[PDB]
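Below: the structure, in structure tokens.
Alphabetical chain letters, starting from A, follow the order of the sequence lines given. Sequence positions for chain A are given in the PDB entry numbering; the residues included correspond to 1-99, in order. By the numbers in the PDB entry, the shown part of chain B spans 1-99. Counting starts at 1 for both ligands and their atoms, in listed order. Note: hydrogens, waters and symmetry copies are ignored here, and every other heavy atom, side chains too, is used.
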Amino acid sequence: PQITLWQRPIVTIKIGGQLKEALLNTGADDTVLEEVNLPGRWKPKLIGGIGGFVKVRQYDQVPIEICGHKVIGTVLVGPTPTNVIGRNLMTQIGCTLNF
Amino acid sequence: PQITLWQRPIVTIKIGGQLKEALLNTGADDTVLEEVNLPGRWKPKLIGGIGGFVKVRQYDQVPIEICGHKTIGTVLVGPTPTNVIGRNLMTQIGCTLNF
Ligand SMILES: Cc1cccc(C)c1OCC(=O)N[C@@H](Cc1ccccc1)[C@@H](O)C[C@H](Cc1ccccc1)NC(=O)[C@H](C(C)C)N1CCCNC1=O
């Protein structure tokens, strides 16, 4: 799609058999989602860092659908004020900024 | 331009007679820039909010050039870990997310 930015670019993602809402966040390197139980191995990742890091679980090669774009990418699972689709997944969906 | 998101979408902005780097941040409602002296009236704005707000100065109708695109928009001036072009200015430059 073409998403204008008058509103927060919140998109529906499908991940871990759940439909979630997430913000297409070009300011985020990574994709951080709250409350998904992703299967399989993960490794700890420290994210944030300003005032301390937040430990999240990094799951790699996660199938995630973003606006009916099935991609695969790293999803960090842990506390996030809002579910964020970061650049890592936006590149997968071939999402670009255009002006 | 079409900006792919493999890297942080840092763009050069021209504001307050200065060339600055700023992140095209679709996750940011507002544009927050540090160390720009903007002329004229401003009103305080509280931004952030998680753990407390940061007070910044809201300058309205600021001429700002983003990747050569002259636009006018609200620029919040105050502490920001990175200069952020938020959606408010991305709409002005006609920046959209596309995939
Ligand atoms: C910067 C970074 C480094 C390593 C790894 C990752 C994933 C990184 O990126 C993630 C990140 O923190 N991104 C921020 C930028 C960053 C760079 C440097 C230090 C810290 C962060 C920023 O761009 C987007 C971020 C959206 C956000 C989403 C969920 C929780 C919190 C914030 N947007 C916002 O914070 C704004 C501000 C003004 C309040 N915002 C979010 C509330 C509602 N209003 C609003 O407009």
Practice item. State which drug is present at ligand 1. Key: lopinavir
**Study point:** Largest contact partner of lopinavir (naming from the PDB entry)
**Key:** MDR769 HIV-1 protease
Review point. Which other chains have one or more heavy atoms under 4.0 Å from any atom of lopinavir?
Key: A, B
**Study point:** Those atoms of lopinavir less than 4.0 Å from some heavy atom in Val84(A)
**Key:** 28 (C), 29 (C)
Check your understanding: Which of the listed options, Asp29(A), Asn25(B), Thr82(B), holds the heavy atom that is closest to atom 23 (O) of lopinavir?
Key -> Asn25(B)
Practice item. Answer with side chain, backbone, both or neither: which part of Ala28(A) has a heavy atom less than 4.0 angstrom from an atom of lopinavir? Key: both
Check your understanding: With a cut-off of 4.0 Å, which atoms of lopinavir are near a heavy atom of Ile50(A)?
Key -> 19 (C), 20 (C)
Practice item. Please state the name of chain B according to the entry. Key: MDR769 HIV-1 protease
Practice item. Just jot down the lopinavir atoms closer than 4.0 angstrom to any heavy atom of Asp30(A), in number order. Key: 5 (C), 7 (C)
Review point. Quick one: does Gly27(A) get an N or O within less than 3.5 Å of an N or O on lopinavir?
Key: yes
Check your understanding: Which species does the PDB give for chain A?
Key -> Human immunodeficiency virus 1
Check your understanding: What part of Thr80(B) sits under 4.0 Å from lopinavir if we count only heavy atoms: the side chain, the backbone, both or neither?
Key -> neither
Exercise for review: Under 4.0 Å from a heavy atom of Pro81(B): give me the atoms of lopinavir that qualify, with their elements.
Suggested key: 18 (C), 19 (C)
Practice item. Scan the protein's non-hydrogen atoms and note whether one is under 4.0 Å from atom 35 (O) of lopinavir. Key: no
Review point. Would a 4.0 Å cut-off, counted as strictly less than, catch a protein heavy atom around atom 6 (C) of lopinavir?
Key: yes
Review point. For lopinavir, does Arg8(B) get within less than 4.0 Å through its side chain, its backbone, both, or neither, judged by non-hydrogen atoms?
Key: side chain
Review point. In the protein, which heavy atom is nearest to atom 39 (C) of lopinavir, and how far is it?
Key: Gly48(B) CA, 3.7 Å
Point to revise | Binding-site residues of lopinavir, heavy-atom cut-off 4.0 Å | key: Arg8(A), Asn25(A), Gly27(A), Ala28(A), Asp29(A), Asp30(A), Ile50(A), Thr80(A), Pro81(A), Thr82(A), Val84(A), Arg8(B), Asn25(B), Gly27(B), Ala28(B), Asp29(B), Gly48(B), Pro81(B), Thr82(B)
